[PDB]
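Scroll down for the structure; my scribbles are underneath it.
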Amino acid sequence: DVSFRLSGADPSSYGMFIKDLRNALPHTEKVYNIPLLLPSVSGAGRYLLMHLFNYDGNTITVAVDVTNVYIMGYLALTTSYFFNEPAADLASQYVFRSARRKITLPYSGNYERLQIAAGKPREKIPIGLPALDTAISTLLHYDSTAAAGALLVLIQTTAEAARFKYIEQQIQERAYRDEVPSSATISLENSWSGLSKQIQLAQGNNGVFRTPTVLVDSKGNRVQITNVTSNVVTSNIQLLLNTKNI
Ligand SMILES: NC[C@H]1O[C@H](O[C@H]2[C@H](O)[C@@H](O[C@H]3O[C@H](CO)[C@@H](O)[C@H](N)[C@H]3O)[C@H](N)C[C@@H]2N)[C@H](O)[C@H](O)[C@@H]1O
Ligand SMILES: *[C@@H]1O[C@H](CO)[C@@H](O)[C@H](O)[C@H]1NC(C)=O
């Protein structure tokens, strides 16, 4: 298990948590020095439990599929909540089994679904450590509309930060003040599977992408990533979705 406490949190302790999160994900290879997530894990070992504590010390446990980072559901007091999707129902067979009741959320875990439920795109949802504190609090008491927005915050401040060093730094900058994610942040989130695939296709292609990945940069400019010498590959991305799962 990995843990993060919002009480007394700072860029350092958050950095420690994201490091722990990455280190809890199993790999047997690195591709271009980046850990390659496993094709599959069987049984309960497939799911990492993240223990998150809001400022007041209240807690949720979040279940994360270790092969893809995907958060399937969470436990709040004695109630479990899972996304409305086959992978999450499968997760419900292994985690939070001692919960008194199980609620299936009325949406899948997809942005194309969470943004609809929340009533807003995540370009307009501020993220940061204060937002994460809020998200935890929201998820403690069931409210499906509010939970959608909370989950958008949760996903980006945990999973997306684990995958991209840039996103981790974005959140560290938002330690004490929330701000909507940069265009670059959104771009990276949307491109993770694409980038993972192309970095893997590059291993037999002299480090060259079979298909270029288009990203927005930090200055707000749109750029083509064509090979492994790009800063996104050498410095930014921290985890690769296995092509078996793409
Ligand atoms: N991004 C990683 C983090 O956020 C995901 O959310 C995103 C899923 O990445 C994407 O992929 C799958 O999402 C759902 C899970 O299968 C499915 O509904 C969907 N059909 C799939 O495409 C989807 N496209 C958008 C959604 N924004 C997670 O579940 C998660 O908790 C994880 O830590
Ligand atoms: C690789 O990417 C860099 C940009 O990061 C670019 O300057 C260069 O032209 C690319 N090389 C190839 C072979 O595509």
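FYI, the numbering just counts along the sequence from 1. Start at 1 and go down the list; that is how both ligands and their atoms are numbered.
The chain in largest contact with ligand 1 bears the name, in the PDB entry, of Ribosome inactivating protein. Among iodipamide, radezolid, amenamevir, kanamycin, the compound found at ligand 1 is kanamycin. By the criterion of a heavy-atom distance under 4.0 Å, both the backbone and the side chain of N110 are placed next to kanamycin (ligand 1). Among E85, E160, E112, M72, the residue whose heavy atom lies closest to atom 14 (C) of kanamycin (ligand 1) is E85. Counting protein heavy atoms only, atom 33 (O) of kanamycin (ligand 1) is closest to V69 O, 2.5 Å. Using a 4.0 Å cut-off to heavy atoms of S108, the atoms of kanamycin (ligand 1) that qualify are 18 (O).
When heavy-atom distances to kanamycin (ligand 1) are checked against a 4.0 Å cut-off, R113 has no atom that comes that close, whether in backbone or side chain.
With respect to atom 6 (O) of kanamycin (ligand 1), the closest heavy atom belonging to the protein is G109 O, 3.0 Å. Protein heavy atom nearest atom 30 (C) of kanamycin (ligand 1), with residue, atom name and distance: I71 N, 2.7 Å.
Among protein heavy atoms, atom 2 (C) of kanamycin (ligand 1) sits closest to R163 NH2, 2.6 Å.
With hydrogens left out, the protein atom closest to atom 3 (C) of kanamycin (ligand 1) is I155 CG2, 3.3 Å, a heavy atom.
Taking all heavy atoms of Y111, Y70, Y74 into account, the minimum distance to atom 11 (O) of kanamycin (ligand 1) is reached by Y70.
The heavy-atom binding site of kanamycin (ligand 1) at 4.0 Å consists of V69, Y70, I71, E85, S108, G109, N110, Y111, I155, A159, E160, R163.
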